[PDB]
Amino acid sequence: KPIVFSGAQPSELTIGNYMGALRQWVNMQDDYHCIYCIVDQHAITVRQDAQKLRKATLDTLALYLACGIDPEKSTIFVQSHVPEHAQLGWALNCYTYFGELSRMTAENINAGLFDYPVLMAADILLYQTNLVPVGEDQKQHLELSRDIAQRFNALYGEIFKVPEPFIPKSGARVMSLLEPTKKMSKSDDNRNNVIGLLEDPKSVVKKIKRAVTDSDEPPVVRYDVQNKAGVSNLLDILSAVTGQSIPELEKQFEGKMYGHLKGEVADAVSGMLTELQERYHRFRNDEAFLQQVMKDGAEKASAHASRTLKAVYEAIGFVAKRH
Amino acid sequence: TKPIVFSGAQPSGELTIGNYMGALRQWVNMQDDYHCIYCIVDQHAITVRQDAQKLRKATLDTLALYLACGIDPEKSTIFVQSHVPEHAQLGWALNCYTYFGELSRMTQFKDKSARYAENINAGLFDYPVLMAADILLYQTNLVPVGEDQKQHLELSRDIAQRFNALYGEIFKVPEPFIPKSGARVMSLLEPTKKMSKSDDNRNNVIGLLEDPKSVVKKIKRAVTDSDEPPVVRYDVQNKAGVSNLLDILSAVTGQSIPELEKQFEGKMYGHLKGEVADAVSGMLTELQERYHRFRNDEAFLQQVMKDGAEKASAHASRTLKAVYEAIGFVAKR
Ligand SMILES: Nc1ncnc2c1ncn2[C@@H]1O[C@H](COP(=O)(O)OC(=O)[C@@H](N)Cc2c[nH]c3ccccc23)[C@@H](O)[C@H]1O
Ligand SMILES: NC(=O)c1cccc2cn(-c3ccc([C@@H]4CCCNC4)cc3)nc12
């Protein structure tokens, strides 16, 4: 099976993240050898509270498990638990141009923020990764990892796989509630633009009722991204939850106002989130379960990572460690 | 417990009398007085592009040379840097508490970048952070180095203090131990330039594993000055070559420069060079005699690397545990 590497930040998922990327990938765990790395060494490139970082790491783990990531099928682990990432990160620094890092898309910036694309390259290249499902803002980073891999391979032979981006997209388009032109993003400042995965039904109703629509008279529930962006987003959200087609929903809401739509959207979304939240809290509060998932995952990751790093170290010419 | 000494040298190029006087001499002298840990920094070496066979051989050459100088594996911890993962682990973590401007301003990065314009790599830029990690892992009190590493060591103090201010008494703040003589041995044909272990012009350098007869010839041809009459006196500005020779002689014999100046009263550069050649040739003969006994004994070198990496890992893992707990990582099971 092809190896898929996905990096997960320990810092709050939305329905866009879930119904888009994550739900798609939960259903492909038997098609691919999927690896999920909670990237706590990348997280510290921004200064943050220590106790919140620890909490956020475990929050992220439980939520990925809640979404359906199966630790017996896929490998899920915490980045800092596998030393090989930092080890390969340093080695690949020596085969990465300073220019390449400076050209990524002043003197008080920390070196971690400057140097993390190399660590990212190491994260991917450690596991002989075939595919990486990056977003558009990390396409440049993946490309650097491909360039590093080909450069190293040209000097020393075929040590690394040249990874590819995962090209086909989720299916669910999920846009911001007060800005339906812009995509719903976990990193949005405006909280009223997003529905978080742990939001309660009262919070969901409030945010959906405030969601922007249009001034059509009569109000008409019809799909039109150009002219009716807000109503179209509500339709896409509802379709993504229920599996009902757009033309089916258009018929279902014939002669109905935007209030009825919003009510059904809120009910559908919160119906979905109640099942995920049940799973989330059950997993998250079970310390022994989470510890065993992390230990098992780190063990699997380390077995593969050590194999690659040993070949890298042999190629460079380092004297092999005496065990 | 004793205060801790940490220092390192690269298995790249060929170690010189400069590397010896600035660093290795002090390493040997500190072994009983302090708890000493000495590293072959192969991960730093590859910031300049190395042939793979040369790197491996040079790592083992350097190890054997530590032993030849008098570094005793019963007294000191001797290990190869890449054998202890914690160096790279703390190296990454400390990037996040190091500013970009602190690294771009470094003299060594600037010198090496001008020299290797075809390979100005991220490792060469990030060099000081990994070096800080090397030191800070072992709760280091003293770092014996030459003058050229003072800037790097100052940053490691800054990183230690900056991290400690946020998180508590995680690191010791290390101090430089730079010698009075031989802290910056200069090139024989260009005494305003530091002696390099990778000089294109071999006549500039006195190599630790070089034929003593070849070394004597190079000392004889070392540039001096046009002073009339020739006078053996210390003056770095106007008599760089003579001063450098006096410095080398002071560091080998343990005699002060004022003492040497008095000794060479009424003498000229023939006496100076004769005395420098005698002392250095004697030193290298003894050193190289010991070197081959160690270097050709693979079982012994293998055992030193095994025991050393074990000792180092015990200390390094303890520090990294505390660093990881402080910054807020979920602790490994
Ligand atoms: N011409 C000279 N005269 C006097 N001393 C000199 C001369 N040239 C070099 N030195 C000193 O030799 C030591 C090793 O130098 P390296 O370039 O191998 O290697 C270096 O310059 C270090 N970055 C290696 C290192 C890596 N991590 C560390 C942690 C602590 C101490 C040292 C290290 C150094 O002490 C250096 O000051
Ligand atoms: N997104 C990925 O699939 C991925 C795979 C492998 C390594 C990765 C590292 N990242 C990543 C690295 C850094 C960041 C940000 C960069 C800006 C500061 N805060 C953290 C976000 C994501 N993403 C990775």
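Below, chains carry the letters A, B, ... as their sequence lines are ordered, and counting in each starts from 1. Both ligands and their constituent atoms are indexed starting at 1 by order of listing.
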* Largest contact partner of ligand 2 (naming from the PDB entry) -> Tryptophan--tRNA ligase
* What drug or investigational compound is present at ligand 2? -> niraparib
* At a 4.0 Å heavy-atom threshold, what other chains are in contact with niraparib? -> A
* Who's the nearest protein heavy-atom neighbour of atom 18 (C) of niraparib, and how far? -> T45(A) OG1, 3.4 Å
* To do: For atom 1 (N) of niraparib, find the nearest protein heavy atom and state the residue, atom name and distance (0.1 Å precision).
  => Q138(A) OE1, 3.0 Å
* For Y116(A), the niraparib atoms whose distance to one of its heavy atoms is below 4.0 Å -> 12 (C), 13 (C), 16 (C)
* Could you find the nearest protein heavy atom to atom 17 (C) of niraparib and give me its residue, atom name and distance? => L113(A) CD1, 3.7 Å
* Asked: What UniProt-listed L-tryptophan-binding residues in chain A have at least one heavy atom nearer than 4.0 Å to niraparib?
  -> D123(A)
* To do: Write out the residue and atom name of the closest protein heavy atom to atom 3 (O) of niraparib, then the distance separating them to 0.1 Å.
  => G7(A) N, 3.2 Å
* Asked: Would one find an N or O of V46(A), backbone or side chain, under 3.5 Å from an N or O of niraparib?
  -> no
* Closest protein heavy atom to atom 6 (C) of niraparib, given as residue, atom name and distance to 0.1 Å -> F5(A) CE2, 3.4 Å
* Among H85(A), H42(A), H141(A), closest by any non-hydrogen atom to atom 9 (C) of niraparib -> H42(A)
* **Closest protein heavy atom to atom 7 (C) of niraparib, given as residue, atom name and distance to 0.1 Å** => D123(A) OD2, 3.3 Å
* Select one of side chain, backbone, both or neither to describe which atoms of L119(A) lie under 4.0 Å from any atom of niraparib, heavy atoms only. => neither
* **Binding-site residues of niraparib, heavy-atom cut-off 4.0 Å** => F5(A), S6(A), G7(A), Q9(A), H42(A), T45(A), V46(A), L113(A), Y116(A), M120(A), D123(A), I124(A), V132(A), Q138(A)
Just list the N/O pairs, niraparib to protein, that are under 3.5 Å apart, with the distance for each.
from      : atom 1 : to      : atom 2 : distance (Å)
niraparib : 1 (N)  : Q138(A) : OE1    : 3.0
niraparib : 3 (O)  : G7(A)   : N      : 3.2
niraparib : 23 (N) : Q138(A) : OE1    : 3.1

